[PDB]
**Student:** 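Before my questions: this is dexamethasone bound to Glucocorticoid receptor.
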Amino acid sequence: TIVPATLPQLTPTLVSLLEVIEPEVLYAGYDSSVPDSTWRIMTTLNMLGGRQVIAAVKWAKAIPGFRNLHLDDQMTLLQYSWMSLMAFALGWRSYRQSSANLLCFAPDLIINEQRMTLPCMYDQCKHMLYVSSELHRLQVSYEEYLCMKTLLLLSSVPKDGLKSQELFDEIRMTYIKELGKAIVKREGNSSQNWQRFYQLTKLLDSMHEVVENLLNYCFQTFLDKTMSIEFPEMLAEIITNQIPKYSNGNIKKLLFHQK
Amino acid sequence: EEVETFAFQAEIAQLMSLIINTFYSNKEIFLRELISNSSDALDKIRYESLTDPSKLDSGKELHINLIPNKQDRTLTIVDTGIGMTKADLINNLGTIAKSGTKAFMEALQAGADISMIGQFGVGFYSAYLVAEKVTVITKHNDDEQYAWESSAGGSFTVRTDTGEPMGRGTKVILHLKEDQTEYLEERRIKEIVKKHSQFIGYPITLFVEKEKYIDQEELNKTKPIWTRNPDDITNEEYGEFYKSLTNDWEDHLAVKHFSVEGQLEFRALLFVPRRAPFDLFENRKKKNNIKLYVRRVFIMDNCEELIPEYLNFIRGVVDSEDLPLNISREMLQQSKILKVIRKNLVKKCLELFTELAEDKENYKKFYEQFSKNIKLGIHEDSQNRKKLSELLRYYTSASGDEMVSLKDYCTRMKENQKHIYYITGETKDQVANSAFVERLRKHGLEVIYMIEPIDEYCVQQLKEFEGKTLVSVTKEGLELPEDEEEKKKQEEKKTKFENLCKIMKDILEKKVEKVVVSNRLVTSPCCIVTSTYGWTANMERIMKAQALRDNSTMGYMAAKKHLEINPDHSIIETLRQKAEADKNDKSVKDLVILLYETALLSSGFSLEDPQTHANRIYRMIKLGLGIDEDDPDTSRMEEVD
Amino acid sequence: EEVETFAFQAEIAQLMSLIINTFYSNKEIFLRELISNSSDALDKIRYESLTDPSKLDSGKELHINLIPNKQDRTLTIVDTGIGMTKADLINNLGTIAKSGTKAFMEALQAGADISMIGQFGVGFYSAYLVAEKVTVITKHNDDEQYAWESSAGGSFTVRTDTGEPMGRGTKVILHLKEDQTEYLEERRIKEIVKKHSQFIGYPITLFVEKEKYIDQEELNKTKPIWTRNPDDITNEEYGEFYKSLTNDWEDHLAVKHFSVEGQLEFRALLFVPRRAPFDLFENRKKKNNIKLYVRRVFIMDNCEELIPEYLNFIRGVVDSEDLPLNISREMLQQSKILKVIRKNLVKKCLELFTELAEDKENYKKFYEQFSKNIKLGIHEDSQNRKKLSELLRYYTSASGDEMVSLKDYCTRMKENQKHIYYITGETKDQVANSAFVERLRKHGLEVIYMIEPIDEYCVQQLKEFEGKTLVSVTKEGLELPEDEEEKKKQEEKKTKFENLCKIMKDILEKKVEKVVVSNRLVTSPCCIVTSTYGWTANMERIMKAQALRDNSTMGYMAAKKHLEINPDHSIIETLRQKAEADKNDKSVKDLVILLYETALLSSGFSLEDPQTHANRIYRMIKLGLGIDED
Amino acid sequence: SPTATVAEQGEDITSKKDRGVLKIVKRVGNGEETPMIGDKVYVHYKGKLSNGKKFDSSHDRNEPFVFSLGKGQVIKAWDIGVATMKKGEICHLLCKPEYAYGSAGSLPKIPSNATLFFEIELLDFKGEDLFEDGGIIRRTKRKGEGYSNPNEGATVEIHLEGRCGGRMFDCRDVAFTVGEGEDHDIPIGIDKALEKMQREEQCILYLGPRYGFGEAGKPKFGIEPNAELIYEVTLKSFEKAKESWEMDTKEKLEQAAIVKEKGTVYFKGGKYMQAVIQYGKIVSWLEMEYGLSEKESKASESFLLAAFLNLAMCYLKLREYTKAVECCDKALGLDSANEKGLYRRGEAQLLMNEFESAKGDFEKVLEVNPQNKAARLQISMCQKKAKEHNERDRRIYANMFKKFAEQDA
Ligand SMILES: Nc1ncnc2c1ncn2[C@@H]1O[C@H](COP(=O)(O)OP(=O)(O)OP(=O)(O)O)[C@@H](O)[C@H]1O
Ligand SMILES: Nc1ncnc2c1ncn2[C@@H]1O[C@H](COP(=O)(O)OP(=O)(O)OP(=O)(O)O)[C@@H](O)[C@H]1O
Ligand SMILES: C[C@@H]1C[C@H]2[C@@H]3CCC4=CC(=O)C=C[C@]4(C)[C@@]3(F)[C@@H](O)C[C@]2(C)[C@@]1(O)C(=O)CO
Ligand SMILES: [Mg+2]
Ligand SMILES: [Mg+2]
């Protein structure tokens, strides 16, 4: 008798919604008559960091699905991945601003190879430029990039989990689906879309090391008192609260892809 | 070194088995092939007789007879074609891959017009799909009659034919398998024949015994017409053909007859019906009703690759004489060919619709039945969207009661009207009287009324017409080409009622994203609009109603509600003053809620729980009618710590 | 009559042309065929070595090597199988439709377990689909090395092989066509092998150059575990198999390992995913998901005929033996076979779900992702409604947030129920609080809350459950097990209220079929109820929301409406008195309209004005707010 | 292309002679001729690249670009720009690459030196912002350090002119702590204004009706504009407040006890704003994880519950049952039987004309304490008020259907 109608598909908008949500880049820099001393560089970066980190909070709140998570979990995810998100943002801006494996932070702030003078960068160049080099190597587009950035927001959980877990898991699949689409529609490939997806996922999975190593350095810079560095209260509070979570193994890494 | 050289050989026994058992899946095609061989036989004699008329002295009627015989389980096929000499009989039926037909054509001069069906040398043996044994009797003008006979046993024999003379031609007798008698039935025959022959150049007569006498029915009375120059075909002829093919008592609405030359040769006829099929988008069978023929022989149907689904209402035929086929002749070998075919068929359909559109009366008849298909095409086809949009017709606030073109819209637009405005909804009455268009109408701006649920898809994708973008009048940020004085007056109004925006927002914190002072309204105290992104009213209800959908997406895609206030309504002005006097006035709270619930209904949103709206009303009725019968230690509070 | 007898012959030149040009739809298969013949060669030697191990003295590793050579534009395939003697190179490669493999099988003992890929005698030749020249080098244990060569021109040659020794086996070298070099690429090769031959029992290694050195990459690492007795497979093994099979990362939710041994013989693995599937990557839209293999070789992957669409979320494999296949080996002959397979696949899918459901938590996980498909299976596939319906779960008034089975409703039925009551609507809450169920709640009757659009389609087929009739509570004529005394009172009420029934019908003439006194409401003065035969408001809103429409659809499915009056309500008593006092009191006219209009909204119907409703309210507000007329 | 021609033309606006800004301004209109400094200035503009290329950006939508800081913030070209901008001026200021997209630039989209000038129609630029909550007008002369600001808990040294609204008050350099907003009659909104000020920042601060002592009518100031307390304030020095994540576990409990006493005093003194402030510190400390034993955690709960309840009363007097409700809810979440919270929330509800919720809360007060007649009285009052409202409706609505029928002539 009755034949159910078929369903045409509506324009997916999650990617364009994210394009709209993404904030503009903030200014940072310092009076150029001052040499780029270890502590000056760190101070400039710390103030920028705290400002970009707060922008990341409203940015997260604005994200579909994410915004429906219990607020405690929303804030938990921001802390746990704050480094992942910041590093990713930096790596992409770098390689797009210049093919050089430099660090592009702000309209007035570039750290070129000759400027990687912080002990932290010397030891971590292999991790911070891991990300810019790989995104460059794969010639990552903005849109598939944003899809991945969202997944980084969702890349770590407490070892004890989230309260709205049965939403979290949905949100991840939702953006995983969007990343797939972001790849398929631009590459034009079949089996290579499968592989590009995994190649990109592998960044986000290897980035767990990128973060722990960078994280330990930011802990050391804030914890010790050997450099004349000003830090924003925001980052200082986060680190004060984050160090024991890190050291106690209370933060769980997620594995995005195998096969 | 010494290198041995060898020829390739073949094992006949296995080759015979494979042809019979693995090359074909549809037993019925055996008839198709026996007929094809026969039509070549007739065509070859016809050709010879062109320069030597004595060839037909032995008989002039070129026809094919089909004679089933119930009693003996046999089927006889008879023609009057060239026939075979003893030598040819042996060489062509005794050699598995020999094709006399192929050789024949190779033996002809360039310029011959004749196009044969066969070329592979194996079709004959398909007889054994259903036959236990076959017998072939033949007469050639230059020889005696001989009788060929065999089972597919690795050998065959030749006898002098000692029976009746047949004048000329070949008579094929199948002795059918005991369990294959279904092919002996008149109905089944006729169905197979209709399906696979249809446009054979020689008439077929089926001989059926009835109470007895023989009923001689001509099959394929209808001739192909696409083969003719189109200029030469009258409209009636196209119609007659059409009706015959489709068993459509109605005539065609429009037809496009064309050909393509070079690389791939084509001829095709595309017809537009005068009625949409009732099951056009519901039938679960394949949608493309385009049949593909090669050298006038049916090959394929129901193939998605030929046509995009949105055009699945065009009826028609494609015929070519040069495409490679697989061994069974049931499909094309190279699928890239279909890609080319599709590109061209679509291009021409669009030309037809464009031409049809010139006749205003006929276009209306068409559109009424098929506007859904056009709209679907906008949604699915990203390349022809730019042309398909020209075919759309809508009612507007200034069209009276007929639908008009998007072009018509834009040729009436005003110097400062940079945007095209539209509204969507359940029915013309609702949109026409909606609060959302009150200012627009007042200023003389035209609004397109979109009604069908599918209209919601086109509005996503169309974006703009000739550089003029589309604007939904149910969204925030509606811009009108207002005067500077008008803006200043609004600026002043906007610094008033700020307290209301805040108070009402508090009352409604959990209901709306914002409360603002607006200007789209001129009559009505308030309305609900949707923010720039996300589903709008209608879009949201439609999605909720889809039979099959992922409900989790509704936690992402949903409207963001903003409440707009008309500052020049008396309800609003009274509340402004009253609310300022007392922020907790109970009556203010109660009235704000009713305005809100009312606005949702008038704004096209469903209401969350009607057994509240109703209750608010019922108590008001009771008051209105006077129906009041059922409705007539302490210091610890001060302690400081 | 003297009758001449002749044998059949064939023309080799044309036969060769057909072999190359009109049997195949694609070119992937040139490799598929070379590999298949190679694996048989290996299997033959493996078999011989069972009784005579010296056969392997020339080499024990049974494996296949693929060695593309971009520089020479060639491809070499190497095995260590039996190999061929000079005599066989001539008889088997020089004879069209000869099958050495078949003869071998014929020569075997009855108890042999050699599940050989069988054959026709034609397939080697497919090499010429992509090659300009083919060279075959072979070493048989009982002979010297020979080199066979042909361009398929109607001859071939035989040379003594004077090059490097092989020990044993066959090496096939293709010299490729100038314009078909994609077969020299790693990606193309890997796709082909995985697609058609991943379950061949002998390891396949691909040898390629990179910074240089040769990288030896094994491809067929997954075993066809379905060949194993089901009892010996652990859950981890199924999971790993599954993940490799589907390129998933999640494990399976449930699996059924099944076999058939009747006229047809096959085995299958059917997996239920832990998450509803989706198109992560582009594929044929709504491709089905059961693949068919014959003798471990992939044959077909989108056969609609195998299983109903409602079960397309099942992923799986069917591996049969001895089905008649098409000469191209791309299709099955005698499609009646597919019908049989489908029958069995569905039967077992149902057993799986029945069993799955015993685990309440997992059933929930299941049902959350897959309930839509179950419901489609009710609508369709009518012979299975009697079992599928038991898998449905619904919220009911007594369940709180639990969903229950229809059998639960049944066990809780009162002795006076003959009917199962249900209500349909848009949300939980709107249904649960509806006026339509007020007396059912009063008397303690259970009501089922149906919510999804699908439920309306489905409910039409489910007429009866375990002998009980399913009824709706939004239609006129609802039966409740009421006593005689109330019934008498109801008639008395009709008598005094009939005057209104008539007056109200005169008012509001075109909106309803009739106005009647009702016994179903408690607090609402009224409601809008659907006809006994016809469609509910929910059906109308669904149909009126669909993309696929006609005029006849609603010309036929539009609902009739009837208005029901609560006699016992204070507004209603007031109207009776007022209306009788003056039938033309215009204020009655307005009250009648508001009750109707309000009832319309509360009963689930769209209000078409809609502006008028709003305007009546705005007027009332102006009064309430102290705003005068002027 | 005129927009390319001007690349090397114009009057000299400099910081750097070989870079700087080219004044290629077509005209000055309608507005004060004085160059001006100010926040939230919205302007509209259109324009092109110095190489003559049409620019693919927001100016084609006439973007209402906002100048966020008094001396500029986000467009070096327009901030260098603000320094010479007039109201009504239609600017065409072409700024060399040092003022374009910065050392990184906006590349990948825009190279660092791809500069522009636009035809910019300017809005009045005089005056910096006020405040997120309103109540203050702030104007600046000198930026402070930029890396350091006072936070409550820190004593600050503030220079005060002595002036206030054209009048004088006891306005003196003060080593100010937050309690002084009420204790030393220092305009109360200074308590938060100081947290945004940077060390050595010079700012003119207007403390409005509720930010100042306008509403209070303090005779101590005796300033006709008690509601417009405007004068220069310079933050010269300060100490560092120890933050709640810097303070130890016992340190926070000790301060909660100290602050609690201060809060109690402020409450009793009518200084509810300061009481709230002190209790605010108490609660934010106590809400944090301390790592205390179960009995030790009760010192925290005691301080916390008391603060919620004191805050509820402060808010009952300061605000119309807003934060007071929240405070009671928090007090009750912590102690569901604390009759003080049950009662106070019930009053907040009654006092908002929420009769049903008020009655429910008073009924709860009496389950906890059946003899607390305050709740018994409140229930009776809730009932009486509900009756009054019901009667008013009858007076208006009774027989409206007839009234309507008759109006409909
Ligand atoms: N009725 C007939 N009259 C005259 N010649 C015939 C007749 N039937 C068959 N032949 C001869 O036998 C030859 C073989 O025909 P067969 O159908 O086997 O080949 P074919 O038509 O090339 O096959 P295919 O249809 O697959 O291309 C023909 O080329 C023709 O010369
Ligand atoms: N690599 C090899 N080693 C040893 N013998 C082989 C090899 N390849 C082919 N042969 C022999 O040559 C014969 C020719 O069969 P061919 O392989 O052409 O059939 P097929 O490809 O199996 O046919 P089908 O396509 O129907 O499966 C085989 O029966 C086998 O005896
Ligand atoms: C090793 C760490 C890792 C660094 C950071 C990595 C991620 C990042 C990306 C940006 O786009 C801007 C700033 C930040 C957020 C960062 F660059 C700086 O803040 C300084 C930082 C913390 C660090 O360099 C320090 O040691 C300073 O304490
Ligand atoms: Mg033939
Ligand atoms: Mg073989």
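In the text below, chain A, chain B and the rest are named by the order of the sequence lines, each starting its count at 1. Just so you know, ligand 1 is whichever comes first in the structure, and atom 1 is the first atom listed for that ligand.
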**Student:** Report the positions of dexamethasone in this structure by ligand number or chain letter.
**Tutor:** ligand 3
**Student:** Tell me which other chains have a heavy atom under 4.0 Å from dexamethasone.
**Tutor:**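 Other chains with a heavy atom that close: A.
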**Student:** Find the UniProt domain of chain A where most residues contacting dexamethasone lie.
**Tutor:**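 It's the UniProt domain NR LBD.
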**Student:** I'd love to know the binding site of dexamethasone - heavy atoms within 4.0 Å, chain and number please.
**Tutor:** A:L45, A:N46, A:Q52, A:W82, A:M83, A:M86, A:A87, A:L90, A:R93, A:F105, A:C120, A:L214, A:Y217, A:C218, A:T221, A:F222
